[PDB]
Novice: 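Sharing a structure: BMS-754807 in complex with Insulin-like growth factor 1 receptor beta chain.
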Amino acid sequence: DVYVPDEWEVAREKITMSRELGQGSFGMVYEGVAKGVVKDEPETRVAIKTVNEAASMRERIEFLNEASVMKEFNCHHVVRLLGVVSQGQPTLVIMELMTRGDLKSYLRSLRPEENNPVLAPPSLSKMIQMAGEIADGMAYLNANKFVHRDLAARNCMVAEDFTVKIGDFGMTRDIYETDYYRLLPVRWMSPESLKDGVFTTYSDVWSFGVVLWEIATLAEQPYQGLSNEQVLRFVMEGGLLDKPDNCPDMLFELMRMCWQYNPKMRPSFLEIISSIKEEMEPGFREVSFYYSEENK
Ligand SMILES: C[C@@]1(C(=O)Nc2ccc(F)nc2)CCCN1c1nc(Nc2cc(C3CC3)n[nH]2)c2cccn2n1
């Protein structure tokens, strides 16, 4: 209850709303341009989250406080919060623009459609690059004392230059209702989370393993031939996802490491990056949390 304006407050005149991106939790999200949000840059392509005209003051306050969690993060592999327009209406939250949408949407767009030629499935190098970027964003969140609880391809975003980042929170779907069971994302959950409802960085690692499986299958439904109730029993009884068709053993071995029944036996996000750092683009050493002074 109640929102206090801070240093993140940006004047309304600096914001220009253009094309629609999609429906958000509190209202329509638009793309556009912003002045003075990235230092003194006069024109930065941004994503603008809005609150619907018919919403109450409680809903506007809820939107601002929920979005304010992003203020604590400064990572190249996590979607950035750039500004907040709380003074007057429409209520706005300025975000970093990710032109290629969510990773699940991007992976499904790569699937072959009839007769016309198609691009070959993403190469191991391209899959490892995505893996290291997701793991870096997650290693940053864990170091900042956060547990994601909903790590999935649908909750990862793809930038113009194809860089994958940890997406904005609660901005999931609205076309992925099937990925949840009543509330909880059962097909992405660790055996311990399905048992006691407790989530840790170890359960986030389990979910990361499922993200790798999504990349290798081009966002197929995990445990496809099983219902939500069957998934619960299968995973809790020690069941695992099958090795995807044409998936290199190197990528599947990493999935198996994430899928260890004992949460303490799973590798950390830092341990995951360490095993694949040699395969990352040279630029990773300059932009990642892994190589920054913050990782100590
Ligand atoms: C606007 C919205 C979104 O916020 N997606 C989304 C999904 C998961 C996640 F983790 N973060 C954002 C809602 C549903 C569709 N969508 C979206 N967003 C895009 N881009 C986008 C969203 C954001 C944060 C402001 C929210 N930055 N950039 C985008 C590019 C191409 C298609 N889309 N579609």
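Residues: numbered from 1 along the sequence shown. Counting convention: from 1, in listed order, for ligands and their atoms alike. For this deposited structure, the header notes the method as X-ray crystallography, 2.1 Å. Worth knowing before you read on, the calculation uses all heavy atoms, side chains too, and leaves out hydrogens, waters and symmetry mates.
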Novice: Numbering the atoms of BMS-754807 from 1, which are under 4.0 Å from a heavy atom of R154?
Specialist: 7 (C), 8 (C)
Novice: Is it the case that BMS-754807 has an N or O less than 3.5 angstrom from some N or O of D102?
Specialist: no
Novice: Write down the UniProt domain of chain A that holds the majority of residues in contact with BMS-754807.
Specialist: Protein kinase
Novice: For atom 31 (C) of BMS-754807, which of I166, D150, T99 has the closest heavy atom?
Specialist: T99
Novice: Which of the atoms of BMS-754807 are close to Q23, meaning less than 4.0 Å from one of its heavy atoms?
Specialist: 13 (C), 14 (C)
Novice: Who gets closest to atom 27 (N) of BMS-754807 by heavy atom: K104, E96, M171, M95?
Specialist: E96
Novice: Of the UniProt active-site residues in chain A, which one sits nearest BMS-754807, and what is the shortest non-hydrogen distance (1 Å precision)?
Specialist: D150, 8 Å
Novice: Would you kindly specify which portion of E31 sits under 4.0 Å from BMS-754807, judged on non-hydrogen atoms: side chain, backbone, both or neither?
Specialist: neither
Novice: With heavy atoms under 4.0 Å as the rule, classify the contact between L21 and BMS-754807 as side chain, backbone, both or neither.
Specialist: both
Novice: Tell me which one of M157, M98, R19 gets a heavy atom nearest to atom 18 (N) of BMS-754807.
Specialist: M157
Novice: For BMS-754807, which atoms sit closer than 4.0 Å to a heavy atom of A47?
Specialist: 23 (C), 25 (C), 27 (N), 28 (N)
Novice: From which organism is chain A, by the entry?
Specialist: Homo sapiens
Novice: What atoms in BMS-754807 come closer than 4.0 Å to a heavy atom of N155?
Specialist: 10 (F)
Novice: List the residues forming the binding site of BMS-754807, heavy atoms under 4.0 Å.
Specialist: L21, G22, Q23, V29, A47, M95, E96, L97, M98, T99, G101, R154, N155, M157, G167, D168, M171, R173
